[PDB]
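The structure to be discussed contains GDC-0941.
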Amino acid sequence: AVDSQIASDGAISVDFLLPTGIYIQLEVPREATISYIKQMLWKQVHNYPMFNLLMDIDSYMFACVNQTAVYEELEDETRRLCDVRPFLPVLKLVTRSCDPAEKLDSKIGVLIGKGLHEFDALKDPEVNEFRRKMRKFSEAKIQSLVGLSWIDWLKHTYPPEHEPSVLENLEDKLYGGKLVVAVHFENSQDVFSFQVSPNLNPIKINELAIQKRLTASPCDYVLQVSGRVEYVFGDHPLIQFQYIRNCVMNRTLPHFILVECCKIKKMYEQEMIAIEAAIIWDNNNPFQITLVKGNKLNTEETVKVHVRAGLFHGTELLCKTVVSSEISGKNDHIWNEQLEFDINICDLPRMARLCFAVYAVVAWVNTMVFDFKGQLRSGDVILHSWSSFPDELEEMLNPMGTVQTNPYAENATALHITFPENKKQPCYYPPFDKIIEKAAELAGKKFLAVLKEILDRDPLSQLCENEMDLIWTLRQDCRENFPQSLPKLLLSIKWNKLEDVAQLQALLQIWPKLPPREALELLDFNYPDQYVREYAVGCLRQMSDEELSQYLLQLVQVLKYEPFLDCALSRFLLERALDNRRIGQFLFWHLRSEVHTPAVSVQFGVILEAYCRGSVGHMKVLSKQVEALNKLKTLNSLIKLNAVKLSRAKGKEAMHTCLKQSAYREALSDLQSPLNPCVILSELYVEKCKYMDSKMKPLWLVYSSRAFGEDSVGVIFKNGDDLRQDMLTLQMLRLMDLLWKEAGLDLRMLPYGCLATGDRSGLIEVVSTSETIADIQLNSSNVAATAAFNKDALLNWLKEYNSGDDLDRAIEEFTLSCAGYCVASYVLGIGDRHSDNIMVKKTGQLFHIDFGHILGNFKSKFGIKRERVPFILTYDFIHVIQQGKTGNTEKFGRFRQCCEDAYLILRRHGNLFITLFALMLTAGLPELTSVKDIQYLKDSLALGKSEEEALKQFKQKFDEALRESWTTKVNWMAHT
Amino acid sequence: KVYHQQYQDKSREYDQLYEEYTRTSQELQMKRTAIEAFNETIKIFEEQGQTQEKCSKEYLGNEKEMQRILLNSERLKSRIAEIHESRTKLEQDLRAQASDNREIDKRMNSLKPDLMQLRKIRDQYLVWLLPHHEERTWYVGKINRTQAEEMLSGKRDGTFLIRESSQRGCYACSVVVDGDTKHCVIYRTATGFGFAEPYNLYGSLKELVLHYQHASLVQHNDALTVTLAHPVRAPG
Ligand SMILES: CS(=O)(=O)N1CCN(Cc2cc3nc(-c4cccc5[nH]ncc45)nc(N4CCOCC4)c3s2)CC1
């Protein structure tokens, strides 16, 4: 009833607002083409006065208000009325040539899901101060793009991936030095094969490509990966390019298409056509805050009144939990009091966070002492509180929570407050330079042993006072031997006084840069300083886009933490996303996925448009997808409805006809995968598309990659479920695969693609030739269907698809993938895994699938609880590893070796895991609620105990699972 | 004066509040979305009022068009009417749902300190910071299947009387399955004892027995069904 999308068939009464104010109501069919309606209205235009001040149809286009308050100018006259669901039936006929570059501002608001006026409607300075700041920079990139010649543009739009020395671990999975690469020309039907040195530059393939007698420069051509907007070029060795590296790594044939410069020039020119559419310190006195009234009607039996205060700098408090005057906790809410803050106004951190709450035994507002330009927040300010939003644990007053206030005024809490405005000349933060001068004016081989025992304990482990003292005492010594210790040191000194702060800031400038993996810690709650953060990102800024894309999820979640807007991180992420290899897309997608939620709506919203703006070109492709996804949401909504009155097989047909229709085959076809920005989507293999048995009936889309792409692509669209736990646990898995390969361990893992695109919406990527172990087991002749329905089903399965030589690799790939998963599961504490959620590819590769819960036991939202996930092994894995072969000590020993080796590798980068899971607290996952949650890892990884004291523990755990090998095998599918 | 009796039933009262609140807050932003959209639609109809009045002043025949325009201004007047009412009824339903959520923070935040008070009692609750057990009951030293089948025949369909194998320095396990007696080889290895290579991590031939009275024999052989409920020396 809030929108027209429910079971209804016929015509609709729409309002047509003409340029001459001529109002006309007409009954128009619901699923009518917007051009058909434009034509329809035009018929009756004359039976209404003023019929002559109008121009022809083709000089005018409709405009509307979306289901999201956005004014949608509908240029594409081919869209169905319902396919562009206007909130109210009304359509304002406007002139097609409405060129004010507010047609751009339409296009943007539409993409994002927030109308740009909303930022003006806030009227608050910073939003406007920064929208305008970014717009300057966004438009500088658009300008950077204009000069650029062919190929140089590609380096700015889709830059090739480089990976030096990764081969110095694993060598030559090629017959001799020679690499086998495949190339064919643009619309050519004949391919050519080449035997090539992996150390050559891509140009040699072009030189080889031209060696085809049929009668241009090799430089006038470019190598595009066949079926992807992925390109390979540059004065670099073939093996160095991530593409090649992968084909080499998975013994796959690199597929290249040769594009003539004029075809990339063409794309550049069509994109540049759209680009043209761009038309005091010395205040030695104490600090105190005065406030007036509140606004609660709430009543309590055991306790009457409620009122609190207090101030922090991250986790560290700078004052005691200040209380307030008791009023009427059942009736009267109005009052006044001068709030005592036993802290000097001079010795105050510019990143100080003034927090407030009430006696919970109930709401909260936390607002910063300083503002966007470091001006002392003074004068009368209103604080819109977060009622029933406090978390179970907070240390009386919550310091973690947002500084950005509640969007609701009516029937949502508020607070009145005043700060010392007094003087006509205000007080601003001490300069970025003046604090170094403050430090310059102010001006261990034995210890090497002690501090190594201090500056080691995991990021979540908080030091005790005496340790803090020595860390600061021997601060210069550790700077020289333990540079990686600054995270510990930065927490040693109390931020209460400026003298230490100055010396601390001095250290940072003269402190070396820690690696990006390390730097990441300096972006959590612990470190809120505007200069440590400026250096933290400093290090990130010196990281690859491929390395960047890795920690991107949680980097976005740090934007959620950020108290301001023009921060170095936002500036960095946008700076990076505007030069994307595929970065920009995820940056963009991850942002919409949360813009729907109040607290981030302004945050992400602004950042989003700032991207859209610097992405005037690509903009089309992102929209192509947004439309593609909406069409899916609806088809799914209809699929849910169908499933009731429709047979499993009749609802399939229903789905198939729906896809085959004009609206679908256009929208959700031939426009780029949101999961992989490089992967092209092209024609759907409709006949093979399906919907799953599940409670949300998710679609299973198959994309026959037509002529050029070797095989088919397969997506899963799932609306109704939180696809973020998977999105994070799959990313965690991608890391383990990273780390093991790093150390030297290709356990042939499959962390398949996953992206949550919005609220309970998103995509899972399909892995080709795969199968659920339950599926493999049933529907098989179980030892002539006589005994144990389970044994060797999984083996014969592999035997079926692997011939002689192939069977060895199959079982080899099975082993380490199983090993890799066995460790990674336990370590990440992935629970309630059954033969319904473990899978096997036809390559022998094993992998996991339903990530409902991590770092504790799975219990539904109503009664969410925790439990240790033991290491588990099924008889079914051993049996395959074994081959059934009664006695050995080389294969089920190779397994245990890997299992041990892997578990040990993870231990080493245990801090990397705890840091990422710590930055993922802001994201708001039902699991990740507190640091008590990340504490699971410390245990799983045996982080205190030494390598061999901890190996022994796991060596036991592994054997104990071999004891429960059939016992667990039973739990996998007996009742299940 | 009350101490530890229960907890679990009052614990789940939080979700009885939170499951409906999360749905209600979600509906409130959804209901506010429409008022923004509604209030934005009006803006377009309002602009029409201005344009129809400005475009009408264009009289550059004038008598019949005086009322035809007037009628249409007065119908356009009547549209913005029903759409101001339509917006107001939704604005009334926001006020309702929002009022209900305030009477829920009156219930939610009142039961939250119940666990905070529990902390002093809850975290202080501290105290801490088989007939196979006999060797001879199943062991039968140096024997032959012939002499093993002998004893076991007549006994219950799940008895254990373990011999010593024909094979040099090995062992065997003679067992009465649901039907009759079956004999499998148990092995010695540095890893321990057990019927098959990856599954032979048993320090003693007894701790094995003790870990196979619980677990089935089926894994090593489909033929070998039943575990070990009775060794030798039954009551009565
Ligand atoms: C014919 S039918 O589809 O109607 N029917 C229902 C389910 N089917 C088995 C499967 C279930 C399944 N669920 C998931 C999933 C479920 C929920 C959350 C998830 N996150 N990631 C995967 C996933 N992910 C899957 N893929 C597999 C390979 O690429 C990868 C995923 C598969 S394959 C067969 C019988």
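Chains are lettered A, B, ... in the order of the sequence lines. Chain A is numbered as in the PDB entry; shown residues: 13-227, 235-298, 320-401, 432-513, 525-1057, in order. The residue numbers of chain B are those assigned by the PDB entry, with the residues present covering 441-500, 507-575, 608-714 sequentially. Order of appearance sets the numbers: ligands from 1, and atoms from 1 within every ligand. Computation of the quantities below employed the complete heavy-atom set of this structure, encompassing side-chain atoms and omitting hydrogens, waters and symmetry-equivalent molecules.
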Review point. By the name used in UniProt, which chain has the largest number of heavy-atom pairs within 4.5 Å of GDC-0941?
Key: Phosphatidylinositol 4,5-bisphosphate 3-kinase catalytic subunit beta isoform
Point to revise | Neighbouring chains of GDC-0941 at under 4.0 Å, heavy atoms only | key: A
Check your understanding: Which residues lie closer than 4.0 Å to GDC-0941 by heavy-atom distance?
Key -> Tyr772(A), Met773(A), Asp774(A), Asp807(A), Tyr833(A), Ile845(A), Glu846(A), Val847(A), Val848(A), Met920(A), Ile930(A), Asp931(A)
Check your understanding: Against GDC-0941, which UniProt domain of chain A provides the most contacting residues?
Key -> PI3K/PI4K catalytic
